[PDB]
Every structure is written in structure tokens, then in C-alpha cells.
Enquirer: 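First, the structure itself, so that you have it in front of you.
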Amino acid sequence: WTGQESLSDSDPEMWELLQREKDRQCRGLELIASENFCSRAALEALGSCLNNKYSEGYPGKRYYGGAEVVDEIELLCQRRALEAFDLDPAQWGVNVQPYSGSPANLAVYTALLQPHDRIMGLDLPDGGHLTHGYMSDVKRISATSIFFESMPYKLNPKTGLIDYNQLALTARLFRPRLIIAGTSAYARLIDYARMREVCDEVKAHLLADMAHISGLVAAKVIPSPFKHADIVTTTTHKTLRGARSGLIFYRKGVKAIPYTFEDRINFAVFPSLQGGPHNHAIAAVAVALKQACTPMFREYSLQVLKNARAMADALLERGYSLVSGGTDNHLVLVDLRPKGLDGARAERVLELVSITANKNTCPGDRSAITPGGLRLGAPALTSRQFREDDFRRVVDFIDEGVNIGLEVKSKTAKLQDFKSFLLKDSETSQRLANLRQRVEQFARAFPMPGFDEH
Amino acid sequence: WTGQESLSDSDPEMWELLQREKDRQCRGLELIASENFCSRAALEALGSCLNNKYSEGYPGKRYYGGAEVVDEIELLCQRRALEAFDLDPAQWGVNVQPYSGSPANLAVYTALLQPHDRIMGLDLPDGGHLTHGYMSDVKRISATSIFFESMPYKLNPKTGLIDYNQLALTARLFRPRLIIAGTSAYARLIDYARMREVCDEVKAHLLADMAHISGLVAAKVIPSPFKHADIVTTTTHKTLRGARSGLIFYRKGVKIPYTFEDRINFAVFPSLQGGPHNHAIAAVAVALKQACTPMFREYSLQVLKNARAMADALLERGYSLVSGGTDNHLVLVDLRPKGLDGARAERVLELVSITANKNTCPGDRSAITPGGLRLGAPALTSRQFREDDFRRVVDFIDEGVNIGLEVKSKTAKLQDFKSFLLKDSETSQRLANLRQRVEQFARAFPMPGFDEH
Ligand SMILES: Nc1nc(=O)c2c([nH]1)NC[C@H](CCc1ccc(C(=O)N[C@@H](CCC(=O)O)C(=O)O)cc1)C2
Ligand SMILES: Nc1nc(=O)c2c([nH]1)NC[C@H](CCc1ccc(C(=O)N[C@@H](CCC(=O)O)C(=O)O)cc1)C2
Ligand SMILES: *Cc1c(COP(=O)(O)O)cnc(C)c1O
Ligand SMILES: *Cc1c(COP(=O)(O)O)cnc(C)c1O
Ligand code: NA
């Protein structure tokens, strides 16, 4: 035993699973707006000897030796990150160690706040992330709500936009120390100027969490949160198209009397929260950030925008209703209540024909436990060189699933009744097997980033 | 642009840095006891298309579709985890999503404790981990000590062992809800049974954090904390030799029922983490299948012999070992009797391609410069080192120490020592000579992983 044997030779059971997953990614229409396909280049860094190095601490400030190379990788990754978002090294630092996006948010809260200090974020069912503070009527759900005190802000249910007026009204009363501008399920741009005004008045930190839209911001195809935000967190996957990791950007240098974010942020990441960095992820992130700086990527991102509105316009023209009426970014929120269906039903139909989308609770939902809609994203299929006509055809395939769903709803009662009918009625099975086969044939023909076979 | 281009073609700056790190690993004597060299098979899973799949939730209970294969991988990882540590699925379950060891511990704490509830772990300078709670005189350092209330327990400096008697005395007073049995820098076997007695008495959960020893435990070459703990955390790297990632094992079934399963799983997701890193989960599954083999038992036996051999060789050269020796994968050297400290020895050794880390000696305070050195066998044993090779590692260390002594007699401060090693041309030649001999020696041995990166 050397540990140089191949995966295919040494663990055939696992190799076959990697192949089935690769095949599933190739044959499918991936419409989850968080999802993307990482480059082979970055996957080579991720699957490297960099996994073997413990480098607790920071460049030049390590707790032990042998980190000279790993130091250059970290410092390179930082510079590439600041470059990717057109940030001045004098006015912005960045931490590249967070293990994912959720750790990155937790680290900011523990860096800047005391336990039980107050946080405001977009409510989860209005399109906020778990890590922005989310608790239910029964219990505290996100650890953000356990260790800190979160009150959500909300959508104006008329417009489907962020009710910025209520946020200002309500932040005056709640007195948050930190307010979060960022979304998991929101088709429009965030008014970061208006967020900073609220934050300036109530004397809160503004945290922009651009996870979903970080690629679009780097490419400069939407306006940048960095103009108005103190702190920016993000994933390195999603629209940045990297390996799974996280980043924390923070302002540094002179405020008005210096900013004091850098030392607090870095300390919270290590030694407070994390152990050894995942230097392999850091390197794959650096690879992906270089790719993000190129004109290729600006074109990718522009196509992401165009593909999204092509999907929107297409859905409007098949008569579907959209939350907020459309999109200014990489996704579309489809309200299926005005079509006489819901998200739960649509999802399971779409799934069975290799179309993968996300449920979305919409403003107009009459039932709190059945989501009304669906999030549909461009980035993943755009990375497979999809264009407007290809997304029109995606929308076309979706419409068939919806229409099966509508037909199965009137021949069923409950939601578990719905899902069993999809499996056991031969006439429904066959129409599903047919649509699936046509979807997989359509999808397979497009190129796919990464390795050929895993 | 396809995203199918190779790394060497598309990003030569990064590919050159990967190649330097690979050469550094190949030419060095890696003695950091938490280090190991991950198999190629596992790294192929790590750098894979499994990076591309969001699968928030758990097998059969995901928040969205497309997870048929990812469910199978996660479920397979769980089966192999329970297999590696010889656990009955009726009595034990396992969560495979923690992003690393430190996340695994925070998730256990948020599952079982309220904010500000009480925790006890081995003090950091006595050999515990940051995540077991750590505060200086001046401030709270570990998040474990911010969100929870940490009080450490200590070694008996007389024996270098954990003072189980003072733990029992002091836990009766402090009333911890959770006590941690596990170490970063400790050469001996933990008396888990005694930890369990103290826990039962004060009505506290016993957590074994076995990160350093997990592979030894898997191979059944040391006693298993699973006989006595309710919860067991571990890294998947270190002695398990997998990708960086974490595990939380927990009791289930009866004694009426255990309530860890749902609380642990919920703490991991949705409370703390987001989407799991399925690529790491697959790498971990690969390393766990390796961990069940007779090969791995032979490896883990060898790690013990190699550490023994390193200890005996150090003793025969007149070095002091904290606790007198070792029953595990590492040895703790006390260099004060020799006239040198850990900070000096660490830096000399680093320059001759031997990586170790400094270690506070029992009875000293963090403020005094650490008197010792932590030396581990797992990494080099993965490169097929045997007992004679570790004797030879100790020869090289002895030269390093002997140089450090000469430089100490010619320098005043520590910063003085450190730039005398660089600028004084006679000692830098003596170092360059040793470095080359060390690197020659080390390069001969095989290395797990890919050839060039
Ligand atoms: N906008 C948005 N942000 C997000 O972070 C996520 C999404 N959507 N969608 C998918 C996933 C879901 C997160 C998530 C998990 C649990 C509960 C929850 O309410 N759990 C309670 C009560 C459930 C019930 O009423 O039956 C529980 O204790 O089980 C809510 C949301 C993550
Ligand atoms: N046994 C053990 N467990 C561990 O988890 C680690 C080790 N050793 N060794 C390396 C690293 C050590 C982490 C670590 C971090 C901060 C301080 C600390 O005391 N910080 C104070 C004052 C220190 C000083 O005066 O230099 C501060 O400045 O906030 C100590 C140790 C991780
Ligand atoms: C997806 C996301 C995150 C982080 O998710 P991880 O799975 O932890 O990487 C954080 N914030 C927002 C707004 C997100 O959409
Ligand atoms: C190394 C270690 C950890 C943490 O592992 P990371 O992957 O560095 O977060 C936790 N506990 C113990 C006992 C360890 O040795
Ligand atoms: Na590329």
C-alpha cells in the first residue's frame, strides 16, 4: 500500500457512485439557483496535496513552520479576491479561510457582536438565508438566533420587494447592532444606499451577504454592495463558480481614527471558530477568482442575466405569474398559485423528469405549509453554454410538468396522494418517462465543466 | 472556455505553487503529529463533481431533489464510519457533514447545551484543543468559551498525566453539563472509564474528542472511547488519513430512550452549517473503507512502534520525555534539561526541513517561552518509515538541537537567535548541510497522493 492507487482500482463502489453522479449532472436540467459546475482547473487544486498541510493562523503569523508555500497561496487568494471585486488593498482586506458561507456569516457575528446582541435580516420565507437569523413560533432554528437576538424584516406583499420603509420604522424600535442586506430567493437588486441610511441612523453595521450574486458583482453586470457596505460575506461556489468555501471582506485603514474590523474578523475565524484552514479549498478558490477577473467571465455573467429574463419573459408568455413581476439578476421567482398549482407539486413532477428546482414561499400563499412557488436559476445551465433559445426550451419542458401536475391535482386530494399517483398510474408514469427521456436527450448534448467521467 | 482545461494550462501561477508544496512535503521530515498524507483515491473523490451538488438536509429528507446518488454516498459514508469503529447501528448513529473537527465540536455543544451552559476540557497548554474551551487571563479566545462557560482541568505536573482526582473534585464544584475527554498534545491513553464515573456523578454528558487517535482507535491498537462515551467527535484526517472533514457519533436506542440523534443532526443542519461538502463526504468514505483493512491495522501498529522507537532513541540520547514515554502516536520532548527551548528548536528544525511544533511543559505558564516539542509518527509512517528510520530522524533532530545550543550561547534574545540563523554564514552552512542530508533521506521514501500535485 502506497496511497498512489487510483480510486477506480482501489474503491470501485465509490468510483461507480462518482460516475452516476457525474451522469446525473450531465443528463439533467439543473435549475437550482445556488448550483453551478466547477471548472476542472479548480477541482485539481481542491483534490491536491494541499489537503495535507496544517497551517493554523495567518500568513507570516503561523503557529508552526513549513507554511512558506501555503502562505503564498493564501496571500495570492486574497489579492485575487480583492482584484475580482475591484477593491483597493488600502481600503479593503479579506479573509479566505471560512469553510463555507454559513461559517463566514457566524464569524462576522462573533467578531463584531456580543452574545445576544441584535441582528436584523430578511425573513427566511420572504427570501432570506437561515444564517441571517431565523426562528419560528415554536423554536430557535438558526444558531444565529440562538447566540444572537434576531428580528426579521419583510417584503411588501403588494410589490414583492423589500419593504425598506418598514425596515427603517422597525429598526428604530429594535435597535439592531448589525443589519444584513442579502438574499437566497430574491429576483431584484437590493438598495444598498437605502440599507446604509437605515444603518447610519440606528448606528448598525451593514453586512452585505452577496453569496447568490457574487459572480454578477465581480463581473460588474449589477451594482456592487461594496459601495455602501462595511462588511461583505460570500460563498466562493454559486455564481463565482469555485469550490465550496467562503470569504469575508472588511474595510480597513482610516474611517473619518481607524476601522477596527480586520483584527476582530481574523481572530473570530481563527482562533475562535475554526481549526486548520482547508488550504486545498483556498487554492481552488484562488483559481476560480482568477477566472472571475477575465472577459470570458463578464460574458458568462451577462449571459446569466439574459438567460434569466429569457426564462422570465418565456414564463410570462405562457401566462405564469412572477413574484416582483420579473428579475434583474440570475433567478426568477415563479408564483404557481395563479396557475392553480403549488411548489411542492411542481417540484416532485419536475424532479421525476430530471429537472431540479427549489420551492419558494411566495407573498400570496394562502397556506403557510404548502409553498406556492418555485426558484429557477440560470447560472448552472449557462455554464453549460445555454443561451436564450435553450432557456425558452427549458421553460417549455417545465410547462409540460406543470400541466401534468395540474391534471394530477384534479384527480387527487392530498399532497401524499399527489406523489403516489405520479408513481402508480400507468398513463401518468408513461407521460413522465417520455418527458424525462426528452429532457435527458436535450440536456446530455451540452458541454459540462470538470472532468469527463467524475 | 469549457471549464475542462487543465490547471497547468489555465493557471500556471497556481500550478507552480502546488508543485512547490508537493516538493516540500516530499523532501521534509513531517513530524507534526496532526499531519498525514492523504491517499490519491480519496483526493480523486475530493476534487470531483460532488462539489457541484447542494444537498441541504439528510438522506431521504432533503429540501430539494436530485439527491439520489448523494443520498447513497452519505448513507454509505455512515455505514463505513460505523464499520471502522465496530459500532452496532442499533446502538450508534453518525453525522458525516461537519465541515471539520472544530465544527463537529461546536455542533455537539449547540445540540446538547443552552448558551452559557458549563463545559470542562483539558487546558490548552496542558494538551487540550482550543474547541474544548480556552480563555486567557485577559480574554475569551475560543468561541467555545464565548457561547458557553468553560473551566479547564489540568495535568499533574509530577506525572505528566491528567489529574483525574482533581477533575472529580473540581467538577463537583463547577457542575459542568458536558466534559470533554480528548487531546491535541498528550502521549498517553485517557482513562475514559474514570471520565465516565465523574460524568455520571455530576450528571454531565461525556464527549470523547478522538481527533488525534481516531485511526488508532479504528485499528483496535488502543482502547476505544466508544465503550464509555455518549458522543464521540473526530476529524477525518490526522490518523484516519482522509480528507479534511468531521464526524459526530452518538448513542441511540435505550438508556427510557437516548435523545442525541435528532438534536445533533438539527444542530449541524439547519442550525450551524449550510450545504454539506459531498466531495469531502466521499473522500471520507474512501478513507473509512481503507481504515477497515488489515493494511490499516498494520499501519496503525507501525505508528505505535515508530513512536516508541522515537521515544527510546530520544531517551538513549538523554532527552526528557513528558510523562516518561508514550502509548500512542506522539512523544512530548522537554528540552529545558538540555538547555534549549521549543521555540528555538522548532525554528532550527524548520530550516533543515523537519517540521515539529513547540509544546508548553507541565508547570510552566503561557508567558514563559515553551520548553518542549511535540513529535509525531503518523505522517512519516504513511511514507513507509520503520523503526530504524525514526532512529535516524532522531539523529537529525539531535544535530538540530546541538546547533540550537551553539547559537543560544552566541545570542541574547529570541529575535537575535532567529536572525543569527539566517545571517551568520558559518551556522547557515551547518544548517544547509543538515537540510540537504535530511532532504536526500526523506525524498527516497514513497508518498501517498498524486505524483506532481
Ligand atoms: N430563503 C431560504 N433560505 C434558506 O436558508 C433555505 C431555503 N430558503 N430553502 C431550503 C433550506 C430550508 C431551511 C429550513 C429548515 C427548517 C425549517 C423549520 O421551520 N423547522 C421546524 C418547523 C417545521 C414544521 O413546522 O413542521 C422544525 O423544528 O422542524 C425552516 C427552514 C434553506
Ligand atoms: N494543545 C494545543 N491545542 C490547539 O488547539 C493548538 C495548539 N496546541 N497549538 C497551536 C494553536 C494555538 C492557538 C492559540 C491561540 C491564541 C493564544 C493566545 O493566548 N492569545 C492572546 C495572548 C497571547 C500572547 O501574549 O502572545 C491574545 O493576544 O489575544 C494561544 C493559543 C492550536
Ligand atoms: C447559500 C448562502 C450562504 C451559505 O451557504 P453554505 O452552504 O454554508 O455555503 C450564505 N448566505 C446566503 C445569502 C446564501 O444564499
Ligand atoms: C485537530 C483537532 C480538532 C480540530 O480539527 P480541525 O479540522 O483543525 O478543525 C479538534 N479536536 C482535537 C482534539 C484535535 O486534535
Ligand atoms: Na479553466
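Note on naming: letters A, B, ... go to the chains in the order of the sequence lines (proteins, then strands), and numbering restarts at 1 for each one. Order of appearance sets the numbers: ligands from 1, and atoms from 1 within every ligand. So how was this one determined? The header says X-ray crystallography, 2.3 Å. Just so you know, these numbers use all the heavy atoms, side chains as well, and skip hydrogens, waters and symmetry mates.
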Enquirer: Look at ligand 2 and name the drug there.
Expert: lometrexol
Enquirer: Look up in UniProt the name of the chain making most contacts with lometrexol (ligand 2).
Expert: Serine hydroxymethyltransferase, mitochondrial
Enquirer: At a 4.0 Å heavy-atom threshold, what other chains are in contact with lometrexol (ligand 2)?
Expert: A, B
Enquirer: In the protein, what heavy atom is nearest to atom 16 (C) of lometrexol (ligand 2), and what distance, to one decimal place, separates them?
Expert: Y63(A) OH, 3.7 Å
Enquirer: With atom 1 (N) of lometrexol (ligand 2) as the reference point, say which of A185(B), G276(A), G128(B) has the nearest heavy atom.
Expert: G128(B)
Enquirer: With respect to atom 7 (C) of lometrexol (ligand 2), which of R374(B), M135(B), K358(B) exhibits the smallest heavy-atom separation?
Expert: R374(B)
Enquirer: Starting from atom 21 (C) of lometrexol (ligand 2), find the nearest protein heavy-atom neighbour and note its residue, name and distance.
Expert: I141(B) CD1, 4.5 Å
Enquirer: Give the residue list for lometrexol (ligand 2), heavy-atom cut-off 4.0 Å.
Expert: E56(A), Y63(A), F267(A), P271(A), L124(B), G127(B), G128(B), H129(B), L130(B), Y134(B), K139(B), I141(B), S184(B), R374(B)
